[PDB]
Peer 1: 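Here is a complex structure; among its components: repaglinide.
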Amino acid sequence: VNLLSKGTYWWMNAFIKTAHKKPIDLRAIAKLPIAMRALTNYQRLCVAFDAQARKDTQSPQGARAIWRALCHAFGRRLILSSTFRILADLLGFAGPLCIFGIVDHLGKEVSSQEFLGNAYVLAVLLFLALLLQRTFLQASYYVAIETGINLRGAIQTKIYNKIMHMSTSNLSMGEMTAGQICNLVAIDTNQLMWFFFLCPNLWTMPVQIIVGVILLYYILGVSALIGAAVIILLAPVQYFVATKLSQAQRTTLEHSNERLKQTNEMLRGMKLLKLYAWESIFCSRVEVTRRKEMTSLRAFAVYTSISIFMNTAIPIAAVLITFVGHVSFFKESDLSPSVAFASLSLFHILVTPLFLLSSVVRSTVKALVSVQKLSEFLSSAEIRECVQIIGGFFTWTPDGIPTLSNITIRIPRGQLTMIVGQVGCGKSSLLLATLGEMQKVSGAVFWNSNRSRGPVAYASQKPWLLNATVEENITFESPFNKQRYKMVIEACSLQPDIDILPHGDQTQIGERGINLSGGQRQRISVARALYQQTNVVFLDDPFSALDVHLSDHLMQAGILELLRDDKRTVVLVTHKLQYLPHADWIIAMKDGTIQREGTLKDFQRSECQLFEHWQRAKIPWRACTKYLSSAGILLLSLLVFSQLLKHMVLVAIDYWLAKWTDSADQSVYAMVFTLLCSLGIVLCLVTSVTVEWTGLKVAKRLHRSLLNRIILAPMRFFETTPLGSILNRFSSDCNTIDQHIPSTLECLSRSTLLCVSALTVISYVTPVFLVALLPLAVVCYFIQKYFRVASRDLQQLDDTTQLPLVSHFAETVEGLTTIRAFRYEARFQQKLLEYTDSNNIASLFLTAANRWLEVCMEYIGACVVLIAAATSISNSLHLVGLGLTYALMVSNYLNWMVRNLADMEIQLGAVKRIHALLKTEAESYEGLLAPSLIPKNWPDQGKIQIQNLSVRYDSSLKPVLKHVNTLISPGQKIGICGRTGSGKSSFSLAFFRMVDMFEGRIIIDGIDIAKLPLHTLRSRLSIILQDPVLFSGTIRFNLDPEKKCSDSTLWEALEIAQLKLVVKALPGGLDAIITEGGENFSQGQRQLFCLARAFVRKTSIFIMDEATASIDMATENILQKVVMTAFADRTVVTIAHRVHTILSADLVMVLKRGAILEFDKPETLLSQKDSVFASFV
Amino acid sequence: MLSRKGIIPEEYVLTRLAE
Ligand SMILES: CCOc1cc(CC(=O)N[C@@H](CC(C)C)c2ccccc2N2CCCCC2)ccc1C(=O)O
Ligand SMILES: Nc1ncnc2c1ncn2[C@@H]1O[C@H](COP(=O)(O)OP(=O)(O)OP(=O)(O)O)[C@@H](O)[C@H]1O
């Protein structure tokens, strides 16, 4: 693209006309040139640090050294955006000067001095100088962005290139986690990018003040010195409000972050909460957090109703100070219209820099902080500079104190080696040091297999799963060969995981997705090492982490056959010593040092063996549903009328300003300008407050409705709709309709209403401007239409690109040692350079579409400058300066009307998402009985009779149960189990009225269970699900939040199950804070909670579900506790997954394929009778 | 900047996977 078209961005016009017909994929906005690559700018930045580190005798990359490196690498493009910025501003100054000339040669009637003695000629050299203000400004806007975006590119790389060299010690990685370094990439790097977006402004704005002082002084005098003083002495109090805002905004963010964790506990555990009638309790727990978040957002709203106010009010008071002082104090050269209507444009220019100068110096401070943060990061610990270890002294402390010394390990090729020892014997540490991740104080680790290192498979003890498909987490960027994959899937039993998944092999696994079971997470990680065909496999306790027992057998039987056939050496540390003297050339270490090394028989001969023997639609419906529904007329009409009346005062302040300059009735000129500008200032306050106030009153009554109509939803909705869908619209859309909409609402409602106002001023000054504006408005309409359609697409394509980049900066940090273990640095390196260049190429075209709008809209506005000038002069020879000082603003109103309109449109779409949630409601609470007199004090008879109940979920073709009849009498503790995919889970949940028994009758305790309120039913019948999680809170509160029974009862209930020793000897006791997920009590504690809920509710019935995978001793203890629970209750209808605990029953119903297969009234005849014994064996 | 999409951004926000 040449200089004729690069300055107007003509190449966008073929990109925005296609973006209207089709949408924009990444294949549409695809190519990214050589100069704007992440790699190229990274090569430039390496050259900068190399040439510095050649030049600098003083070594390290301190904050001084980074800024010298950035300057030497990016100076030649920053000077071209500050030179163009100084010229765009200085040519901008000519615009006020021309207004002065036009009005002087209007009214009361060498050749070049007379050439600029005109008003026809002076408009043309005004018009053909604004085309240079408005093209140089954009050229320097874009060069700043293009250079700024490049720093995003070559700092995210140069951050990531140290993530490839960071040491995973308990010092370094223990201090800074992935959350610290992710907000370096996310939060910090953006505010260093944004410093180079604003880097010319701190150079240019001091020129603007100096010339702004000088030209205003030449136009009006020493009174201009008094006037421009009042702005520059209200710029630091613009800073104080902008400081106190960001102080309060951090508070609001760190407060609603704690809310979102509470909301995550409610949405993730809505299943167990709804069954235990505990949705209302957690609802009122998040609402009080919303009360405290609302008083924090109120302080945000107070300190942002001043920022708008200070921006508008401070210049107007400054202008009135200038003129009234130039009238009251001394009027020598009074306000002739050439002077006054020209120095309004000089202030209307210097409105903008001085109150944006506060927020530049803000973003210079943040840049100083950011290179402090980045240099303190970028001086972290480097890593370093078959396996045979000779001396083997190696530490995690970077000076002294080896955690493993005297390590003389020998592992020649063609091998299979187990490593066993005590929990804490330097065993996991030996493998990571062997891989080359710990500092060899003495010795060496040598190598020659199939200086010079080797790619080695690795399984971490804490398993790591990248956010991808489970197949893709298994394949791990390796060529898919479905025969190797098939063997892996069966061996680790990935078939039940795929079937239980919503998607199977396509399921989003790991983090940010399905938070799988810890054994299931371990099975995924274990399989990747086997699949990868790496030349050596190091497994760090897969068998000690192996949850599935037969698969643990099968793992070893697959790992033997895989190691022997591949002849891939395998070092498998574990302290499960089942295979340990058989055929492993074992290497046992103790207390950090190797204790014995040799063959297995040698360890039989060393007497430690005995120890082993032991898409184009605007949304006016959502905007109407936002304002008129939530806010109410009592402040919707006040906001809509104060906007118009503030915006009729701004023409009335200007219309009377014109009609005084003609006279240049003097104290009446003063007493209406003071009494218009003061009420103009007053209306500024009461529109800036009323906008932000309406935002708070709509944010509250949206979120309160959203919570209290999603805690009124069936659980079938929670299984049908994903919990990421509800939580995203919950969390992110509430942030937009609180923190982002009302400021945009006030800014758009100020700008576009002023835009019509400015085009009203022009059309009455030249009252045949209607002919002039009708063709030009149409072009303004079309650029509006093709910009919204375009820059919505590139907006979400910006935002949905940033998230896979920062998720890569999480997944690199957490599973770091895997990537360095496979010697796999350069293949997660290149995934960054695709992720980086997918973000910059969707941010460059976002800004190039932004600049295309501004170049095109300003040229529309510059046509308004020449036409308003030309038609008004030819009228006024037959209020012209005031009309002409508005035409300059119109070029910079049409921009921001369109810019806010697109942004408001994008933000408005976050209200339609919330109203789509507010139309999803079911699962009524009605009791069609005598609702307090027909139920007695407690239904706890235990007589749960089923009469042909036909129940289902799919509601269309698929029932689960049919024709079922079962009448467990009071005390008939009838543990009913049937076919494993048929109906068992459905049976337990449906009993709590949570599934559609489409016929029949299911009576419980003499009352129909379909004709009771859900709150009454669910409270009065306890349960215990398969393997639930814990709500974070106080221990009595977690056990029973709305208890009101007794504290002694809570102790008796907690002791009666288990863990009373750990409950009493906890550091908290009865108010012990559950540490965010139940990582310190038990799985038994859920049964304890169920026992406490059962006893406190004073019921007899209980429906109890299965148990997933735990200590069977604890499960027999649970079964004995269930017997103890029986020896209080004596009635329980308890399903079970493994039938061997269910063989101690009092009646048994066996269900096959989704029907009743057997109903054995004793449980011992079941062993005699063939169908039931076949399920028993 | 009469319109406010200004350079005072809170950069960090968390959004889970769509659908
Ligand atoms: C991604 C950032 O992209 C930009 C980057 C720039 C460079 C720049 O000085 N920016 C800040 C100024 C600061 C002090 C608030 C700004 C940001 C948003 C809107 C307008 C402005 N002001 C520009 C200076 C004059 C008045 C208004 C311009 C425009 C853009 C843009 O594409 O919108
Ligand atoms: N980065 C590190 N910095 C300092 N100490 C570490 C680090 N990583 C691990 N350790 C310590 O060294 C030990 C290494 O493993 P350990 O000696 O426990 O063998 P293990 O019992 O088989 O491993 P684990 O107990 O973790 O399964 C851990 O107990 C841990 O306390």
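Alphabetical chain letters, starting from A, follow the order of the sequence lines given. Residues 222-330, 346-621, 678-742, 765-928, 992-1041, 1060-1273, 1280-1578, in that order, are what chain A shows, numbered as in the PDB entry. In chain B, numbers come from the PDB entry; the residues present are 1-19, in order. Worth knowing before you read on, the calculation uses all heavy atoms, side chains too, and leaves out hydrogens, waters and symmetry mates. Counting starts at 1 for both ligands and their atoms, following the listed order.
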Peer 1: What parts of this PDB structure belong to repaglinide?
Peer 2: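 In this structure, repaglinide can be found at ligand 1.
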Peer 1: Identify the macromolecule bound to repaglinide in this structure with the most contacts, using its name in UniProt.
Peer 2: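 Most heavy-atom pairs belong to ATP-binding cassette sub-family C member 8.
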Peer 1: Just wondering, which other chains does a 4.0 Å heavy-atom cut-off pick up around repaglinide?
Peer 2: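 Chains with a heavy atom that close: A, B.
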Peer 1: Could you tell me which UniProt domain of chain A does most of the contacting with repaglinide?
Peer 2: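 Most of them lie in the UniProt domain ABC transmembrane type-1 1.
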Peer 1: Return the organism named as the source of chain A in the deposit.
Peer 2: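 By the entry, that would be Cricetus cricetus.
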Peer 1: Hey, what does the PDB entry actually call chain B?
Peer 2: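 The deposit gives the name ATP-sensitive inward rectifier potassium channel 11.
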